[PDB]
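The model presented next includes cetuximab.
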Amino acid sequence: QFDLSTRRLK
Amino acid sequence: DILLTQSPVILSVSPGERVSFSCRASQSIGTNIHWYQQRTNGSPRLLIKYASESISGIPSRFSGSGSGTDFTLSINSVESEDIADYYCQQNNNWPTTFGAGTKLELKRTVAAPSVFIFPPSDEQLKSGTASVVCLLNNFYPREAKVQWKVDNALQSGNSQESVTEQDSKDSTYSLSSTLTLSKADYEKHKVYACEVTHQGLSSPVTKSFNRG
Amino acid sequence: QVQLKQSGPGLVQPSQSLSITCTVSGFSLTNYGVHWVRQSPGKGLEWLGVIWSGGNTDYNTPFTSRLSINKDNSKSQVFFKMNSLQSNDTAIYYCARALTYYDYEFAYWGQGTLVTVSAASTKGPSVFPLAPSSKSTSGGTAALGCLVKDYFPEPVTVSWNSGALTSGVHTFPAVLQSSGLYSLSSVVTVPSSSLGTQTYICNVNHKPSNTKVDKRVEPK
């Protein structure tokens, strides 16, 4: 799922 | 809309190894697919256009293949800087759609964390809150345990953790655990400690200070 | 060079409208179409719409009635506007340009605009030093940092010594506190023998609240 804080999938 | 399925969601490999990313389309799209790289806190970076056509400024280690419904993005010799998410995009059918993405993690040797502890500033104490920070720097793998103790009392529920994305230079992680107390509670106690557990340590590491 | 520069991050109330400006350079808007793409936790990357060289607009199906794209050719600006926002519209919004005037392979992206949809108020952060000492020192190397606490919404930018210090810097992802405010730390490792002659400053900038703070960190 995409994370807005790092712009990375978590 | 065309459904693009990327598989797997996560790839973990060692440097110098070859790696392949998959993108399967819900129906035939010919060779109308583009690939993207997204690094930490970055915008998408165009890598490959139309299945296999190369892009200016993109290293030669990046290549793509496939046609119809089955596509593959390849890296012949993966480097530390390749740590990123990879996305496919189709444009045979309007509207253009993207896949859910594949994450590229890198393996390396076990590295123990350097542990540092930071007491609250006097500045913060004036506002009535006390944050105590415990830093785990440059370690691998990602898994670690941080336990807080105030005057030998185990803390629970009053700390928060944050972990950096994988370092694109040395493949390590860093973690911060912050213990948050009220000023009153902080002042009523003396010994503050975070004990750290990790694979690279033969025994737990405890950094601690005394208030004052 | 070809560049796309978007307006700053900001908070948008539920049901209200979103507005973003994309200013371009290195090419003319009369020659290329500017696309709009967003990236949400829910749906990942998602093409929203485009405005072409002639001013024609195409909007993706779910956004045809609440999305409006305009531009000013002489000012090299593109204007993005979306109506009636809900919480799941919270995402990073990019503008982008394709390799050719008619195509859709995006080689040039704007830096992104992180839009937060919430009914809360904007709050600027307090900045506190993480002071170096004997308990942040290891083998001639000292750790120090800044605690950036109690702000809303995301994001904050942190640099050190106005960008002249990048080696050994880790700025941690923000975490959401129970108060509903974010909090974050940024650390850097330096030689302990430099603490006496070098000044270390974290440059904190929270654009949504127009809060700019330079915090010097020193041994206590």
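Note on naming: letters A, B, ... go to the chains in the order of the sequence lines (proteins, then strands), and numbering restarts at 1 for each one. What you see below is based on every heavy atom in this structure, not just the backbone, and it leaves out hydrogens, waters and symmetry mates.
- All copies of cetuximab taken together correspond to chains B and C.
- This structure shows the largest set of contacts to cetuximab coming from the chain the PDB entry labels meditope.
- For cetuximab, the heavy-atom contacts closer than 4.5 Å come from A/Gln1, A/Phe2, A/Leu4, A/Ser5, A/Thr6, A/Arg7, A/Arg8, A/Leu9, A/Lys10.
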